[PDB]
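The structure to be discussed contains paromomycin.
Labels below follow one simple rule: chain letters A, B, ... track the order of the sequence lines, proteins then strands, and each chain is numbered from 1. Computed over heavy atoms, backbone and side chain alike; hydrogens, waters and symmetry mates excluded. We count ligands from 1, going down the list as the structure has it; atoms in each ligand are counted the same way. Part of the entry, not all of it, is on display, and contacts are counted within that displayed part.
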Amino acid sequence: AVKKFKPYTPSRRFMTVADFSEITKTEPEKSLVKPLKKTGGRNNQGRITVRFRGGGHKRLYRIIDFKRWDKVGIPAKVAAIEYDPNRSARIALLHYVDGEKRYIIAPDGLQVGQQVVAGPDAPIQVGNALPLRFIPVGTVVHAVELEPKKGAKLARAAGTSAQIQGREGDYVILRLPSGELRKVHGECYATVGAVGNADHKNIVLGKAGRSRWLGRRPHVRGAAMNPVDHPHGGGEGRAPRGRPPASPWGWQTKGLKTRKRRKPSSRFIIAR
Amino acid sequence: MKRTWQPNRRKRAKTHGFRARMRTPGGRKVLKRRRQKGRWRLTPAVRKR
RNA sequence: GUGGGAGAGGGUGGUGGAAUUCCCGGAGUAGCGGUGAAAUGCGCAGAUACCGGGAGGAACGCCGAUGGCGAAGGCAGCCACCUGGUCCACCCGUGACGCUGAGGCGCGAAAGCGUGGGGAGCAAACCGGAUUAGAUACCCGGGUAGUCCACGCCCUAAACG
RNA sequence: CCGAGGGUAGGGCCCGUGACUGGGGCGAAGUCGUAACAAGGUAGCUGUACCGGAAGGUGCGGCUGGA
RNA sequence: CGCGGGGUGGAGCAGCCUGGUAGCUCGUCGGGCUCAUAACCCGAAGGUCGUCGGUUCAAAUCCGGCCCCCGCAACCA
RNA sequence: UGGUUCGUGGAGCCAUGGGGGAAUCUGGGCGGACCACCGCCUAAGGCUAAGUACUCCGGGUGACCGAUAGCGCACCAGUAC
RNA sequence: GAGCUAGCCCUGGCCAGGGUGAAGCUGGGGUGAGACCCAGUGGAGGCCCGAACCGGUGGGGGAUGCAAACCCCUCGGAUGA
RNA sequence: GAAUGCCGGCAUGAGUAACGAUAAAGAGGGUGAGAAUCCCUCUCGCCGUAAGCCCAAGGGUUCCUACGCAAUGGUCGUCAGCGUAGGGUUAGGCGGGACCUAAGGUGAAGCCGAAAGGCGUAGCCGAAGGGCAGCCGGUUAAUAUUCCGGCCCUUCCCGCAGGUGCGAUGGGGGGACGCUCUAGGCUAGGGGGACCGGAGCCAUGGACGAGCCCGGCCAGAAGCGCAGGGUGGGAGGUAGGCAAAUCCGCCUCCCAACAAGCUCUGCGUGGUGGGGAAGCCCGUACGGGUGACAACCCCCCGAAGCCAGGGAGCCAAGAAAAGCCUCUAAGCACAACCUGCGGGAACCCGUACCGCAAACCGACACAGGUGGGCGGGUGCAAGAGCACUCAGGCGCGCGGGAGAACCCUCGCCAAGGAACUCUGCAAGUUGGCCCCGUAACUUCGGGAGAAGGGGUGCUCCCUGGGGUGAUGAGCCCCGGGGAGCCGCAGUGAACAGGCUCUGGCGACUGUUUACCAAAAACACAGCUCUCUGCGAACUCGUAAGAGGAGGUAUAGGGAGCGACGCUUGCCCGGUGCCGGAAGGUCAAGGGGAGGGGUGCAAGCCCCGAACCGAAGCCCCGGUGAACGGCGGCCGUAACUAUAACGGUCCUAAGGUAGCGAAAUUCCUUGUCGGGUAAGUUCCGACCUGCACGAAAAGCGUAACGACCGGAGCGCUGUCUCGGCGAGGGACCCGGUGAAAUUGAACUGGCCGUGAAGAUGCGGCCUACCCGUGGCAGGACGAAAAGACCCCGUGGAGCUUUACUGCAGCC
RNA sequence: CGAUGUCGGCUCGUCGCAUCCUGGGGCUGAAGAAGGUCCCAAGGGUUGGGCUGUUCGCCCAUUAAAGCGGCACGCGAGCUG
Ligand SMILES: NC[C@@H]1O[C@H](O[C@H]2[C@@H](O)[C@H](O[C@@H]3[C@@H](O)[C@H](N)C[C@H](N)[C@H]3O[C@H]3O[C@H](CO)[C@@H](O)[C@H](O)[C@H]3N)O[C@@H]2CO)[C@H](N)[C@@H](O)[C@@H]1O
Ligand SMILES: [Mg+2]
Ligand SMILES: [Mg+2]
Ligand SMILES: [Mg+2]
Ligand SMILES: [Mg+2]
Ligand SMILES: [Mg+2]
Ligand SMILES: [Mg+2]
Ligand SMILES: [Mg+2]
Ligand SMILES: [Mg+2]
Ligand SMILES: [Mg+2]
Ligand SMILES: [Mg+2]
Ligand SMILES: [Mg+2]
Ligand SMILES: [Mg+2]
Ligand SMILES: [Mg+2]
Ligand SMILES: [Mg+2]
Ligand SMILES: [Mg+2]
Ligand SMILES: [Mg+2]
Ligand SMILES: [Mg+2]
Ligand SMILES: [Mg+2]
Ligand SMILES: [Mg+2]
Ligand SMILES: [Mg+2]
Ligand SMILES: [Mg+2]
Ligand SMILES: [Mg+2]
Ligand SMILES: [Mg+2]
Ligand SMILES: [Mg+2]
Ligand SMILES: [Mg+2]
Ligand SMILES: [Mg+2]
Ligand SMILES: [Mg+2]
Ligand SMILES: [Mg+2]
Ligand SMILES: [Mg+2]
Ligand SMILES: [Mg+2]
Ligand SMILES: [Mg+2]
Ligand SMILES: [Mg+2]
Ligand SMILES: [Mg+2]
Ligand SMILES: [Mg+2]
Ligand SMILES: [Mg+2]
Ligand SMILES: [Mg+2]
Ligand SMILES: [Mg+2]
Ligand SMILES: [Mg+2]
Ligand SMILES: [Mg+2]
Ligand SMILES: [Mg+2]
Ligand SMILES: [Mg+2]
Ligand SMILES: [Mg+2]
Ligand SMILES: [Mg+2]
Ligand SMILES: [Mg+2]
Ligand SMILES: [Mg+2]
Ligand SMILES: [Mg+2]
Ligand SMILES: [Mg+2]
Ligand SMILES: [Mg+2]
Ligand SMILES: [Mg+2]
Ligand SMILES: [Mg+2]
Ligand SMILES: [Mg+2]
Ligand SMILES: [Mg+2]
Ligand SMILES: [Mg+2]
Ligand SMILES: [Mg+2]
Ligand SMILES: [Mg+2]
Ligand SMILES: [Mg+2]
Ligand SMILES: [Mg+2]
Ligand SMILES: [Mg+2]
Ligand SMILES: [Mg+2]
Ligand SMILES: [Mg+2]
Ligand SMILES: [Mg+2]
Ligand SMILES: [Mg+2]
Ligand SMILES: [Mg+2]
Ligand SMILES: [Mg+2]
Ligand SMILES: [Mg+2]
Ligand SMILES: [Mg+2]
Ligand SMILES: [Mg+2]
Ligand SMILES: [Mg+2]
Ligand SMILES: [Mg+2]
Ligand SMILES: [Mg+2]
Ligand SMILES: [Mg+2]
Ligand SMILES: [Mg+2]
Ligand SMILES: [Mg+2]
Ligand SMILES: [Mg+2]
Ligand SMILES: [Mg+2]
Ligand SMILES: [Mg+2]
Ligand SMILES: [Mg+2]
Ligand SMILES: [Mg+2]
Ligand SMILES: [Mg+2]
Ligand SMILES: [Mg+2]
Ligand SMILES: [Mg+2]
Ligand SMILES: [Mg+2]
Ligand SMILES: [Mg+2]
Ligand SMILES: [Mg+2]
Ligand SMILES: [Mg+2]
Ligand SMILES: [Mg+2]
Ligand SMILES: [Mg+2]
Ligand SMILES: [Mg+2]
Ligand SMILES: [Mg+2]
Ligand SMILES: [Mg+2]
Ligand SMILES: [Mg+2]
Ligand SMILES: [Mg+2]
Ligand SMILES: [Mg+2]
Ligand SMILES: [Mg+2]
Ligand SMILES: [Mg+2]
Ligand SMILES: [Mg+2]
Ligand SMILES: [Mg+2]
Ligand SMILES: [Mg+2]
Ligand SMILES: [Mg+2]
Ligand SMILES: [Mg+2]
Ligand SMILES: [Mg+2]
Ligand SMILES: [Mg+2]
Ligand SMILES: [Mg+2]
Ligand SMILES: [Mg+2]
Ligand SMILES: [Mg+2]
Ligand SMILES: [Mg+2]
Ligand SMILES: [Mg+2]
Ligand SMILES: [Mg+2]
Ligand SMILES: [Mg+2]
Ligand SMILES: [Mg+2]
Ligand SMILES: [Mg+2]
Ligand SMILES: [Mg+2]
Ligand SMILES: [Mg+2]
Ligand SMILES: [Mg+2]
Ligand SMILES: [Mg+2]
Ligand SMILES: [Mg+2]
Ligand SMILES: [Mg+2]
Ligand SMILES: [Mg+2]
Ligand SMILES: [Mg+2]
Ligand SMILES: [Mg+2]
Ligand SMILES: [Mg+2]
Ligand SMILES: [Mg+2]
Ligand SMILES: [Mg+2]
Ligand SMILES: [Mg+2]
Ligand SMILES: [Mg+2]
Ligand SMILES: [Mg+2]
Ligand SMILES: [Mg+2]
Ligand SMILES: [Mg+2]
Ligand SMILES: [Mg+2]
Ligand SMILES: [Mg+2]
Ligand SMILES: [Mg+2]
Ligand SMILES: [Mg+2]
Ligand SMILES: [Mg+2]
Ligand SMILES: [Mg+2]
Ligand SMILES: [Mg+2]
Ligand SMILES: [Mg+2]
Ligand SMILES: [Mg+2]
Ligand SMILES: [Mg+2]
Ligand SMILES: [Mg+2]
Ligand SMILES: [Mg+2]
Ligand SMILES: [Mg+2]
Ligand SMILES: [Mg+2]
Ligand SMILES: [Mg+2]
Ligand SMILES: [Mg+2]
Ligand SMILES: [Mg+2]
Ligand SMILES: [Mg+2]
Ligand SMILES: [Mg+2]
Ligand SMILES: [Mg+2]
Ligand SMILES: [Mg+2]
Ligand SMILES: [Mg+2]
Ligand SMILES: [Mg+2]
Ligand SMILES: [Mg+2]
Ligand SMILES: [Mg+2]
Ligand SMILES: [Mg+2]
Ligand SMILES: [Mg+2]
Ligand SMILES: [Mg+2]
Ligand SMILES: [Mg+2]
Ligand SMILES: [Mg+2]
Ligand SMILES: [Mg+2]
Ligand SMILES: [Mg+2]
Ligand SMILES: [Mg+2]
Ligand SMILES: [Mg+2]
Ligand SMILES: [Mg+2]
Ligand SMILES: [Mg+2]
Ligand SMILES: [Mg+2]
Ligand SMILES: [Mg+2]
Ligand SMILES: [Mg+2]
Ligand SMILES: [Mg+2]
Ligand SMILES: [Mg+2]
Ligand SMILES: [Mg+2]
Ligand SMILES: [Mg+2]
């Protein structure tokens, strides 16, 4: 839906906030299962190695369930859907009959009170997790494992999915959010449905501060700098570059493919 | 204005203390040099309890 | 009111095959495209033609009509749900409840605009090849928006009987 | 007290005028081209859209005021 | 003032660096097609190569001096 | 690749990171590519005084200084600062 | 050497008092149901005024200074990057 | 004898500048060898969201006292923060530690690295964070939440007494958390009182008065009382909470739905304890007595603090660990644990003093800098603002005179107002609240404090709302209406916008050259291109490792553009990037035709042609929100002029829209129009754009701006054009007493001359000796071994299709 | 070049005369008035504004006249910037 504001201030005239109506009466989270201390820090042991990180709201990590094959066969009741500061998506709090409480990343269409479960069994319904094999060709799916028993790694961003395209002996072909065509092992779990919160892309930050709230420090142009700092630094009053556009570290930034050629992963990929 | 000396007993101790110098080869040599020199004070005297 | 009937009437969801284009594997060569005639173009870096497999989008051949439905705009593969109008019979009910309609409100082809998706074919713009005195045209080879979906605007028409 | 009016401040409407600019109408025999009327030599007209010295061309759908 | 590039039939360009032959398109002229013009077709004419000098057997061409034209430069003060 | 006077040089010898990879005296290395001949040695385990170096320390002497010299310090100086 | 300064991490503190009055909510009006419109309420905001506080715009002073960046007047921001 | 040489000493300026805020001083007395400077008293002034009091950091004897004045004190000094001596800092309850974890550090296991060393789950370390039992008074010259008095708590350890399966570093619960807005009851704090307490007081015209002045609390267990926070109770089933649990989670029947009940705090009350003014009298450097048997009460205001884990809303979604409760495991249940009661035991360190400053940071008793808490009263709409003032503390450690110039800071000015000037620079004007009333334009919020106005004091009369009180008094906030008084003037002093039109640039709040640039620069939402499939790309590290990210294409990296509106044309020949199992070339290596060297020979040793050989380049395509680029010359219309039109040469293609003498325009003050008496600026136009142009975006744009330009109104000392006044200096006296500079000097003008700018040479003129206050023309005056310039086969930072390497990738 | 501050402005002047005015005068194609042109003569005078940093210059309104030039394009231990 997206919340919109009137221009009672500049920067409030474009600003735009998510709709939280799917956030069920459960705004503060769940101890026990999560949260952990989350360790803010824009850099490695010592030095900054990703520029322009820092500031922005304190967070608690929700330790979510990315391998659903523990509770094969054990169903769970979806108890709530809550805000997760550390991902684009929303998260489902679910209660297993087992007693155990996990969070699943919350797919589009998930309703509270719903039944959900994981395993070879598993009715093909939104919320359920299955090894890729038993899932019908053509169904859209998410939180897909890359290699079996290694955890969900594909399609967890808000409003993303992959679609099952066909099969090939032990592998089923996937069409990933990027549009790539991937052979992913049959035995990999993946949960049916799309991610949801799909209006995430429609949000307009609206002002500088908002950027900072999310811990995004001001990014400065190479043009703004000096020859010591950047290939684009200097010279006089503005300058068009004077070389093929580059990163600060000298590599070209328009076109230069960067995936290494001889990756053994290659023989499992069929697209862009 | 604000000048450059902003005394702190803990800082002076953690930074220039006998135990800090002892911790690394760089520092151990400092004690060696100061000893051979005949320095009355190997490290700065940080006070208080 | 009761009992029916026909229909591309409308909305949503789903699904079928033909063909085009692209990719892949096979087999196969020296030309294929195209026009008034040509050329650009594609083709031994393996084209066109043929077989097989895959993906994707769009439009629904036959039935099909000088035909049907809608108030128009318009609606055409099949299926299901939701739904509007409509005509017939029986003459049961109400009982003048009727007609029109300034404004208002809703609908309103195509093109266009916004945001996002989609993009096989086609194709403004644009580029080449011919044609001409010159072609910013007609013919040919390419090709982008757009054409498709959702939602929101736009309100026009030889919107014509 | 009110009070003609005078002063100050800011608006509304209309008239005149203004370097320059836009298109328009009109003016026997100036320029370029051929758009339309015969299948006008690309049926024409059209709402929209893009492009072009100019008539105009082309795209999309429509129309019979064409076969 | 300095630099380097350019003047060729009526128009716009070739030909020079490897000196001897000046060619291309348009135009102009004569004829045809046409009722007539153009288009189109068939034939033809047309260049002291900016001037002054000499280098050579021979200069559009190579070398100097001027003459117009074009373009760049003229900074640190 | 280093080492040797040796800087690729006709470049051996000695050491070695990489690849290949033996033999036990009729076995193996060297004498400056290489080969023949004549000689010299016996790798892939280790230890080994003495002669040699230095002077915080004690002593001795000086065609060494004599408080701006001589050690930074003749003096509670690596101090005060 | 980050006891200055620049960034970041952890954990605390601070921001007087005034304005302006967003969504929302309630009632009413409207409609087939709406959209929407009125009030009242509500207290939003890199909103406004302005101390503390963080600055350093203009001018004057100061120039062996009070000060190796100061003083006076003036001025920017001040719930937020 | 020179090195702007080095070290030391003493000169010069010079009794010159200064003596560190313009809050400020006067006097009497004392002391002393000596007093503006010490002590005291009176008078005066300054501070008072401090210049007052309490914490912290830092400092470290600076605190108190006695005795001192050589030096330290910008003067003096009997004084001191100085010298000598002695004294002084008292805790189970405050802080820290025998408690806990955060970042981060260390680090067993382990991984890595020539050595040094680097990484690192567990644990350990690590605090203004969590946990955590003392409040009020009295005493010392100097310490007190530490000593003492009262009253009250906490741990342990040992006993008795009564309960119960007790019991882990393990399970679970709890601890436990954001921002903004807040309700209800309280407390702190404050205001008032005809009521209570109290020494005293009638002045100077009147007042012996419901008079003036002063003061009317504090702490406090149990138990209540009032506010409020916390929390459902059973029984089943049980596969999860990494063993086991009765606990916890989940599921299902029931009983509650309430704060009923349990609790747990805050406040009030409370056994008791304690304080207690002005004033007067004393002798202190300061405190002592009396006042007093002090009284110790009633209203009202009221927090930002307390109840607190309170409530509502919002998005950016808000530490961990122990204590604490509970669950069970080994085991042990003569153990142990829980409760009540005694008794015993309770360590280590800090505690002085300074603390917005003369004691900390600035070489100084330096006008600077330094975190937290309290910060009274009246009046001003409010307030931490402003003026005065409580408590409390200061007059800033040189003074005395004078009343020149000139300077600083301040006040006023006739007539005129921007004529001043690069510029209204500066200064004025304006100024708070309340109420009227507000244009273009617009993104419909704004522009808006638009502009422009009016009201503002005091008195009397009438009247309407609340809050606390019972529905009433009072006390307390908000209001309305009517008459009237005074002054030049009623936010009467202090704090408190000048306004408008219009361009340029940038959207906007923001950011920056600490110490000359705050901007039109950076940033910014937003747009686009691009890389990236997850052991992601990329970044740091030799590595291990880490960041990215405990993220996964709606994500992350890189680049450019920079809200938003409309838009972003044509060129792929070159460079880049992307795509091409062909071809050409291409290194090691394979391959050996063939040749050579020694050997009597077997052999050993060398070169070595075909051909097989990658990436790369060449080559073939694509690609411009990739690097970039986007023509010349002729002729033409029936007045001329101009050229829609034609010709031709060239290119990879020859700039479209929009804009244009511009932050771009050389010629230039282009040419017209506008403002003006007059305009090299400005605005609007034209277009011949030297040399705009479409994401190093183009053209616009409401709002915004300590941005830059132009105009106008208002107003004024900027100016005509100055004048007067104030105070701090300046000057004179007393005290103290520097500086750069300095070849030596007995240091005049002109006209010449001289290395070409002479006090110093020539000639002539002038000229008694020495100061003081002033002005700055000169001594090529001081200050910095010119920054500009050049030179040096001097140095650095930066670049690239310079050379040669290296990382890196292939 | 071990430093001679560099435009313009302001302030203060002062000097040359090849004189802008005023005074004296010869020639005039000088009737007069007013001009023109040369000679003598610096004693004194030689305006306020619009534009531009401007010197300069073009304007506006005047004037007896709106002089030219030197003094380190006079003068920053005098000011501005
Ligand atoms: N005339 C009416 C409107 O204006 C235009 O018309 C104007 C022009 O286009 C037109 O020009 C014509 C030209 O077309 C034609 N080929 C040649 C002719 N000599 C010109 O003629 C014109 O100019 C001449 C002198 O100059 C005058 O005397 C005469 O009146 C006038 N018509 O003359 C008209 C002026 O009168 C549109 N073309 C026309 O269709 C439109 O409806
Ligand atoms: Mg936890
Ligand atoms: Mg480290
Ligand atoms: Mg940036
Ligand atoms: Mg820069
Ligand atoms: Mg670089
Ligand atoms: Mg430039
Ligand atoms: Mg360039
Ligand atoms: Mg550059
Ligand atoms: Mg139907
Ligand atoms: Mg009937
Ligand atoms: Mg009708
Ligand atoms: Mg329509
Ligand atoms: Mg359409
Ligand atoms: Mg468009
Ligand atoms: Mg669209
Ligand atoms: Mg978007
Ligand atoms: Mg096509
Ligand atoms: Mg075509
Ligand atoms: Mg295509
Ligand atoms: Mg209509
Ligand atoms: Mg009137
Ligand atoms: Mg008009
Ligand atoms: Mg025609
Ligand atoms: Mg036609
Ligand atoms: Mg036609
Ligand atoms: Mg059309
Ligand atoms: Mg076209
Ligand atoms: Mg002819
Ligand atoms: Mg220079
Ligand atoms: Mg230069
Ligand atoms: Mg070597
Ligand atoms: Mg060599
Ligand atoms: Mg080896
Ligand atoms: Mg050997
Ligand atoms: Mg050998
Ligand atoms: Mg040998
Ligand atoms: Mg030999
Ligand atoms: Mg030997
Ligand atoms: Mg041996
Ligand atoms: Mg030995
Ligand atoms: Mg001697
Ligand atoms: Mg000595
Ligand atoms: Mg001596
Ligand atoms: Mg010495
Ligand atoms: Mg720091
Ligand atoms: Mg406030
Ligand atoms: Mg309502
Ligand atoms: Mg409202
Ligand atoms: Mg607010
Ligand atoms: Mg604000
Ligand atoms: Mg503000
Ligand atoms: Mg405060
Ligand atoms: Mg300032
Ligand atoms: Mg301020
Ligand atoms: Mg403010
Ligand atoms: Mg000396
Ligand atoms: Mg003197
Ligand atoms: Mg003096
Ligand atoms: Mg003096
Ligand atoms: Mg003083
Ligand atoms: Mg005496
Ligand atoms: Mg006062
Ligand atoms: Mg002492
Ligand atoms: Mg003392
Ligand atoms: Mg004494
Ligand atoms: Mg003294
Ligand atoms: Mg002093
Ligand atoms: Mg004495
Ligand atoms: Mg003492
Ligand atoms: Mg102990
Ligand atoms: Mg500890
Ligand atoms: Mg610990
Ligand atoms: Mg370590
Ligand atoms: Mg604590
Ligand atoms: Mg404690
Ligand atoms: Mg004390
Ligand atoms: Mg006490
Ligand atoms: Mg006690
Ligand atoms: Mg626990
Ligand atoms: Mg009290
Ligand atoms: Mg009394
Ligand atoms: Mg009396
Ligand atoms: Mg009282
Ligand atoms: Mg009490
Ligand atoms: Mg268990
Ligand atoms: Mg008393
Ligand atoms: Mg709460
Ligand atoms: Mg622990
Ligand atoms: Mg138990
Ligand atoms: Mg103490
Ligand atoms: Mg104390
Ligand atoms: Mg303080
Ligand atoms: Mg002092
Ligand atoms: Mg101080
Ligand atoms: Mg100090
Ligand atoms: Mg402060
Ligand atoms: Mg207060
Ligand atoms: Mg007050
Ligand atoms: Mg008050
Ligand atoms: Mg006020
Ligand atoms: Mg104040
Ligand atoms: Mg006093
Ligand atoms: Mg005046
Ligand atoms: Mg006056
Ligand atoms: Mg006036
Ligand atoms: Mg002026
Ligand atoms: Mg002037
Ligand atoms: Mg101006
Ligand atoms: Mg001003
Ligand atoms: Mg305005
Ligand atoms: Mg009045
Ligand atoms: Mg403009
Ligand atoms: Mg800006
Ligand atoms: Mg600066
Ligand atoms: Mg700053
Ligand atoms: Mg600013
Ligand atoms: Mg500044
Ligand atoms: Mg944009
Ligand atoms: Mg690193
Ligand atoms: Mg990692
Ligand atoms: Mg991570
Ligand atoms: Mg990105
Ligand atoms: Mg930019
Ligand atoms: Mg757009
Ligand atoms: Mg472009
Ligand atoms: Mg190109
Ligand atoms: Mg190409
Ligand atoms: Mg290319
Ligand atoms: Mg390639
Ligand atoms: Mg080879
Ligand atoms: Mg190759
Ligand atoms: Mg174009
Ligand atoms: Mg122009
Ligand atoms: Mg004018
Ligand atoms: Mg003009
Ligand atoms: Mg203009
Ligand atoms: Mg530009
Ligand atoms: Mg151009
Ligand atoms: Mg561009
Ligand atoms: Mg821009
Ligand atoms: Mg613009
Ligand atoms: Mg604008
Ligand atoms: Mg600002
Ligand atoms: Mg600004
Ligand atoms: Mg004045
Ligand atoms: Mg005075
Ligand atoms: Mg004196
Ligand atoms: Mg003399
Ligand atoms: Mg001379
Ligand atoms: Mg002389
Ligand atoms: Mg002499
Ligand atoms: Mg003198
Ligand atoms: Mg002076
Ligand atoms: Mg000098
Ligand atoms: Mg020099
Ligand atoms: Mg230079
Ligand atoms: Mg050289
Ligand atoms: Mg010089
Ligand atoms: Mg000198
Ligand atoms: Mg004369
Ligand atoms: Mg005369
Ligand atoms: Mg004169
Ligand atoms: Mg003016
Ligand atoms: Mg000016
Ligand atoms: Mg000049
Ligand atoms: Mg003069
Ligand atoms: Mg000159
Ligand atoms: Mg000068
Ligand atoms: Mg000057
Ligand atoms: Mg001078
Ligand atoms: Mg300047």
What are the identifiers of all copies of paromomycin in this structure? ligand 1
Name the main binding partner of paromomycin (ligand 1) here according to the PDB entry. 16S rRNA
List the other chains that have a heavy atom under 4.0 Å from paromomycin (ligand 1). D
Does the entry name an organism for RNA chain D, and if so, which one? Thermus thermophilus HB8
